[PDB]
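Notes on a structure featuring WIN 51711.
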Amino acid sequence: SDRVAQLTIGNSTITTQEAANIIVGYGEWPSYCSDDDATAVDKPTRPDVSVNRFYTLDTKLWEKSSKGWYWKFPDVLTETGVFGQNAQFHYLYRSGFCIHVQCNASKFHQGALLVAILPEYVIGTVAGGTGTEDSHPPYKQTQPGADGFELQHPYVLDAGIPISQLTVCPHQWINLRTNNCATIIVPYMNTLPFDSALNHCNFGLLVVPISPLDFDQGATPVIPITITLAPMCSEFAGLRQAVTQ
Amino acid sequence: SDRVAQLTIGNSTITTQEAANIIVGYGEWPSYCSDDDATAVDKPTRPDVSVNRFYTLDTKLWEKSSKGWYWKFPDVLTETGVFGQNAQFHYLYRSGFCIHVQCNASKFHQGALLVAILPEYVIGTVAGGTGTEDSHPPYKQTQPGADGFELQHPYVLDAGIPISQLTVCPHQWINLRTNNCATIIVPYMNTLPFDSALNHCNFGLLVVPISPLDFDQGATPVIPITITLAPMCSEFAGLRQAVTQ
Amino acid sequence: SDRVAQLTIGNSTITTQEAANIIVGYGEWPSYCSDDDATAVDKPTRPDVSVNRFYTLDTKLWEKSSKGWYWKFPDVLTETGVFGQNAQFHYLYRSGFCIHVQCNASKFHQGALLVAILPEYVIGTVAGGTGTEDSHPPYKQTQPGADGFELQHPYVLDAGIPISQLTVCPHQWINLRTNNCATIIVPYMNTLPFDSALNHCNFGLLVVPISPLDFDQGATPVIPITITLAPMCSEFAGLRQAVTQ
Amino acid sequence: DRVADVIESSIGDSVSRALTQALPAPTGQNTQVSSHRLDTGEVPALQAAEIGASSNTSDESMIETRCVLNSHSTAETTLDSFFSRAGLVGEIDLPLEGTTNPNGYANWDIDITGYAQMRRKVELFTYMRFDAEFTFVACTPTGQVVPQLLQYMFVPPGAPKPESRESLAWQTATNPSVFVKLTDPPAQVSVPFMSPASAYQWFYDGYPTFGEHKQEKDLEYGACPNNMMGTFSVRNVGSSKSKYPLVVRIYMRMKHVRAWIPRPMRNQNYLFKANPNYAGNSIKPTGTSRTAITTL
Amino acid sequence: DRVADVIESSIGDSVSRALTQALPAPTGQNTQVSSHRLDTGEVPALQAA
Ligand SMILES: Cc1cc(CCCCCCCOc2ccc(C3=NCCO3)cc2)on1
């Protein structure tokens, strides 16, 4: 009664028989905005089930050389579903997330992925190598949306910070000999009650292979990693026309 | 406390470490005949332990092409043991059964058998192919006894009925990745309190491969299926000399 | 809650995830010497943690032909650690032991070791083959200390006694398909309250392959067996200078 | 009367579930007596890091322990203890001859990300709320104290930023200014937590404008206005050349600190302010290196 | 006054833990009536030598 689990939101149900418990970011369940924490005076929308549900956004292929990937969040779910709509139509957005990363293999494969949530995940550049040039990461790199983006210098998380310490963040590991999925529930984290789903990404999801994938030849070589996630307590306000970015 | 089990009747004990619970046909344990359900006025014999025990009747070899087999019941146990005797010596017979079908393989083999009990399992013929000839199945096919009989058109259970619907009958599956045996307890089912073990077969046992057996070469290729069964609450009346058929 | 276990004495902790319970020799936990069971009037030393702890003494390689090994006990731990010291410095010694023999393999290897404790394990000789010569086993064979000694005629335990009956002694088996370690707790057994750790060996530890080790080629062929043990309730008296033997 | 699913519908629950509680921890936890344990079913030592939680194994479960009454204080590890230490965050030059700041006045954009020591400490957290004590140490480049009068002026964003030593803005009719001689002890003043956000944000993963976000504008990524507190302006009070070359060092001591969401400590050298850029060709290991894992 | 680890310190326990008891056995154990048992979860026959 701990390695098996079932997550159900809206009209979606995830199943798993080799889980490793559930992490609750900074020990706090997603909640709605207090009546004294808020400022925006207009009465918000809380679509509920039409937005708070599981969206299986993408699949990556784990290879013996993979460096690791990341997805910025608020963003990732735009353009997709009714959630995406309320996000374009409304100025203000607020919500928590249930992130379920899955990846399975056989008892004969081996490897370990680090799945973490890094709030305010600001990306950096190599500064032109020499570090004299003040370059800046493009809209394509900072906000890749679904499809995510691959890291180029995971050791420093492409931001000059040691990944070795990334675990001070709500994380969980996917060690093939042990489990086949990570589940992290993240509460709304920002210095404001609401913010724009468009120009601000409350956090990023990192999926990095710390112990490389390996297996003797002949075993299925296609080990995918799929990202499924669900907004929780989504609230929107500041209605206007639909804006893309 | 559910995948392991032990069945003990008479002087026989079956063991299993990969069971899938026990089915009780039409949700009813075998009972003896009511004093108001009966008609035959002679006081019956209830040999008890000498007949209500496990008889391991036969082994079949499951192959990548196997079509499936069946055994008619009352019959199957005649000629074998003290049970067989009381059945030949007495006109009237009555009893329930505990059927335990077993078949194991390795965690590297795969396949799935459907084990069902089909009451009043009347057999049909192909009618000479064209269906113009009114042929009839032989005593060898309708009542094969032990050794059972192989199906020729399992899709219709050699009787013009969809096997796809055979599950409305007390059944159970033997899925190699999951278990290695089926256990079904059947109560006496007939429109009469007692009947002749010889000319009437209250039901048939079907063992059919729905998902074919398969495995990479090098793994032991001999996957047998053994049928073990035990009469329950056997009652006999109408004593005379011993009759074979 | 029975296949996993943790043994902790002094500053040592053994771990195991495929245990087979714990045997307590002759059903008795090691105790200290009664005030009326003793004779030596000097007040003893009970070093406690500095001696009652796990000492991982040696590793043997299990091979498809291995005959089996044994270690005499009191002795084995001399020369090693603070225990060894109190044993050389003091005339009288007394103590129980927690013996943890470990050996693991893969779910694809097979074999079975008999791990037993045979009190007063007197060794014999082949008597010059013909049995006319009254030979005697050397100090090297009777008291091998760590490194143990290999048996030459395990069937008779090199002492004219059937190993088939060795199980009337606190034993335990290491069956690879089932577990990967043996744990036996032995109380002080002698006809005296204290005795010399040097010239007397209260018992011997036998590790014998009854079902030979086997595996298909390609699987790691180096299957070691390691002996770890811890004195319990060690008591010493009769202090003088340090004596080796 | 209602539709039920509306009556239960927990939508609108403003309070968070929690799951953890803050307990008193004035001293380090004491150690209690431990004895040998030889049993099955109980494995402290065994853990499953995959879960994402730190090993809860206690010393007592790994060895026979004595009893120790730990009375070591944990006071010096509080945020206030750790942060309420004045540190250099700004430096302003007011030379006589030069290209930097002649004319006799300067405008320092209030940004503490300019110096490595202080920057790294704060970048330990994602959000920080606090008041601060700003101290201004002025003197000549030689470190000499000179009889010169200065005027410091905090210029909130939106206020007229002085364009010259004699700018009208120095009337400082509503802005808070400070007049000090370099002969007087360094000026020190108390600043509150100004900012429309509830906390300053060291890292802002997003943009602030809502536009096209083309190449040229990637300059605005990570730029969060809730952190731009305005500028700090300084001038030698007068209408003629200073007569002495000056330098002002700005030290900041945080107080009444609250911090949230710890992050990994800075790994590579810093390159620019409000921009985590690192030198791609000089990516060094977090620390020292050996020759083999089997040798010190 | 004492150091605690000295107060618990079970060192010096002269009596043995036991774990077994000798019961009267003047005659061989009798056999009691047994009936059929068809159930899961309970496996007498299965052991782990
Ligand atoms: C009198 C008087 C007082 C002053 C100066 C007052 C300064 C108050 C400064 C408060 C600064 O808070 C900060 C928060 C964040 C950052 C920051 N820099 C990079 C992004 O975050 C800098 C300062 O000048 N004159």
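Chain naming here is simple, since letters A, B, ... match the order of the sequence lines and numbering starts at 1 in each. Just so you know, ligand 1 is whichever comes first in the structure, and atom 1 is the first atom listed for that ligand. Only part shown; contacts counted inside that part. What you see below is based on every heavy atom in this structure, not just the backbone, and it leaves out hydrogens, waters and symmetry mates.
- Counting heavy-atom pairs under 4.5 Å, the chain with the largest count for WIN 51711 is, by its name in the PDB entry, VP1.
- Other chains with one or more heavy atoms under 4.0 Å from any atom of WIN 51711: D.
- The deposit names the source of chain D as Human enterovirus 71.
- In this structure, residues within 4.0 Å of WIN 51711 (heavy atoms) are D/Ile110, D/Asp111, D/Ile112, D/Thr113, D/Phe134, D/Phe154, D/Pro176, D/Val178, D/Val189, D/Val191, D/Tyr200, D/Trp202, D/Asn227, D/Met229, D/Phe232.
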